[PDB]
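Section: structure with nevirapine.
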Amino acid sequence: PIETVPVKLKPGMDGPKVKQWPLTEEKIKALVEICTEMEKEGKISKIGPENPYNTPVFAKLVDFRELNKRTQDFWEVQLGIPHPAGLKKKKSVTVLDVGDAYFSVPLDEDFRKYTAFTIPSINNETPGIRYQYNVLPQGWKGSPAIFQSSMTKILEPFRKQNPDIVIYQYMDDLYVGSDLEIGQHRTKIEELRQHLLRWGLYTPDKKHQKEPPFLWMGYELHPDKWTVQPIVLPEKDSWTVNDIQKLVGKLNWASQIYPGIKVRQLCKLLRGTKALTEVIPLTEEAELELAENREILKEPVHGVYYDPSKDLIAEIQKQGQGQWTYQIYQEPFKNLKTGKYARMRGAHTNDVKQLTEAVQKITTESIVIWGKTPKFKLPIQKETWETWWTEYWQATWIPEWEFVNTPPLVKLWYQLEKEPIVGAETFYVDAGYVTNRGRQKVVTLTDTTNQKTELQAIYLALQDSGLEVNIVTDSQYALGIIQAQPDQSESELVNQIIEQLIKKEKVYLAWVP
Amino acid sequence: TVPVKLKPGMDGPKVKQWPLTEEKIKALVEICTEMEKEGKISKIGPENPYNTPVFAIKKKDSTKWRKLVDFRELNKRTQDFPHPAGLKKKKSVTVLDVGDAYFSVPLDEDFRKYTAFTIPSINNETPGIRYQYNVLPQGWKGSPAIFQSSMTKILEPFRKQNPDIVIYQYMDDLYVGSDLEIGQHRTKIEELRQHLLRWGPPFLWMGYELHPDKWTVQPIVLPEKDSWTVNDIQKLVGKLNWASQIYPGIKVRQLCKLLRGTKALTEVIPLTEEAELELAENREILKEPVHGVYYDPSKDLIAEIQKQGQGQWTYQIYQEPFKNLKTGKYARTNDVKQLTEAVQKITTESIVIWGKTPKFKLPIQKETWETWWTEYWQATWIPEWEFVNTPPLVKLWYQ
Ligand SMILES: Cc1ccnc2c1NC(=O)c1cccnc1N2C1CC1
């Protein structure tokens, strides 16, 4: 039949010795009919009360919590799953369901002892039937793995005699596609159900098998196109904090295919909310957004599948301050997948840093769906990039990319002078300043942190100065912040400074102990 | 087979496998499929819960892929089992990859499960091939030790028939030193190659010689300049101050004095006599590594790098802050490529000098690093590493 996977209990641990709950003569009756049907099929077998282990049964459910707590760990039933975009179209695709899947496979002979349970007697000093499993008990720790594992082992053969047939194994289901004519396709599928039958693995026949599209893990899978199972936007007039959370949630999921989905305004609605059932009224911008999404959703878009023969193009756009959108395709607008990126790494950044980070995310994502990186189309020119890169303290790398003139283009809104500016006033800051020209202002700040006091000073200087300044400061903090040439900030003060900076012609910042 | 065990109470590794590019994957498939046929490795079942990350790297001016197994975690949990201070003085050293030697020695059957590794599939469309080693694996700290004996033997002839040569082995590498002429060297090297074939072969680093005899410390430097502006001086004092924490003999008193008043940055300042002499001394003080720093073998060897620019980097190897065992420079491509090349370079030096690898501090983002390093990596070992945010002031204070 199939090999047997050697199991073991965790070290220094004995099998489960737990008392069977008192049953019912009505429930005892059913268990015995079930356990007898089963022993005639070999799945189980009466044991000699030589066995001191026991696992609770009820009505047929067997509670293996305890055994599981004592059973060795197995290799992950792998939680990584395919993304529809990484698929190559097939003409026909058949979903093969598996019944008794688990019961179909044996169990390490030396382990069965541990799977013991007892069917109580009806009369006091009469029986009290004892058994053990010879197969894979559902609810058991190792079943899913041994199964998958074993399953895998079986298809391998068939798989090599049919390199045209593609098979994905997912829990008790089994997706099988091919580029064969419906007929030869339907043929192999039986060739398969057979191969699986030689190991007594029941799969339903074509009459009952499920038909396409295939609604898998929130997707709608055909053999030539893909989408996420369509979504309905509520038309409520009263919105609960929870309602919004759920909506936002759903909205996201869309983004991997539906281009243009925004949630900034809906998200804003959560600020300060005090209970999952609190009702928040919609804002003008919020409903505008909701409607725009609703609209975008009305029209169903479907994603195309992967054609390894062709290149992968990734194209990125700035959709807002801090928002980026992208799409990856092989043929123009012939999307495989789309997506957004709002991740802000650091309290302050610039589009260059952000765009670059956006590229990494994408890159990573591709090596995973396609095992290769795409050729990028970006709204920034090499000169701008290089400039930044070249002068940033962190090592960075962007693959093959083509500048694409799609506004808004990303640029550096300002650059600090690399050397003091000749004949430009010199401000010395420590909340107040002093210039070489005699000017000064010692201002007042309340509720200000140490770090935030420093930045205030600099702001002053920037304020009162002309289009060219030299600014000396002892704050390594501030220096750092500004030297990173951010253009957006979580902090308001910064943003104000940033505004100054951009206005200037030439600015020089220096540090002193 | 010799019994090997994990350190008391420790279990085997269960590290996730970083996703790989189809290219790298097929290379590994091709490779592993033949390692199986040769019974070096064996497919394993679900009852094995362990795992280690594998990667495919390329051989230099060679057309084959090398399989690299990140046995870092494992090596840390494997039971514990010297070093020629003469090597670092040798004029020439060549590094060889004696990795394939290990494959003739079987691995204790009960340790095997710990070497489990996995070959991923693209987009998780297939479970993923799983294996464990049957023979000593390249990269495992146990393999050299376990092979030590068999090594000394086949090496005792050349060691006495050519004791002008120093030979050091670190993991899969053999560091062969000498003072001969670069032509005599390359020859004696080639011979050892067949002398190893007799008793059975690659060189790492482009069939090239490290010239450790030519490794020096990058002293801290000061701008020598015609006229000195206020800015110039401010930078000067700042640099000095930092540097004063290392060399306490440094005084800035006079320099700081040319700075009284709130003068324009660009205003030139002719320096006084006292100032000039104070600089002279400080300049003299920095002419050499600080006295007192010694290599503690019981401590971690740390290595920080800084990006300077134009393809230039600065590193410093130490055990205790400010107390540098070595400082260097590296100059060229792209940032990453360069970075990796520096790491490998800096590691090789650490091995040669102290026979140990450093713990790097890197100026890059993990995701980016995880993504590209394997592309330019060629070494057979893998240093440890963490990711940091270099301070603009430190980059300033070097090169
Ligand atoms: C859920 C799933 C996971 C992985 N691959 C597939 C599927 N299901 C499909 O419907 C599918 C669609 C298009 C191409 N391959 C597909 N299949 C491949 C097996 C024929």
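In what follows, chains carry the letters A, B, and so on, assigned in the order in which the sequence lines appear, proteins first and then strands, with residues in each chain numbered from 1. Heads up, header says this was done by X-ray crystallography, 2.8 Å. Read the numbers this way: they start at 1 and go in the same order the structure lists the ligands and their atoms. Only this structure's heavy atoms are used, side chains among them; waters, hydrogens and symmetry mates stay out.
The full list of places where nevirapine can be found here is ligand 1. Counting heavy-atom pairs under 4.5 Å, the chain with the most contacts to nevirapine (ligand 1) is listed in the PDB entry as HIV-1 reverse transcriptase. Other chains having non-hydrogen atoms less than 4.0 Å from nevirapine (ligand 1): A. The 4.0 Å heavy-atom shell around nevirapine (ligand 1) contains A/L87, A/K88, A/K90, A/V93, A/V166, A/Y168, A/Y175, A/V176, A/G177, A/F214, A/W216, A/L221, A/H222, A/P223, A/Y305.
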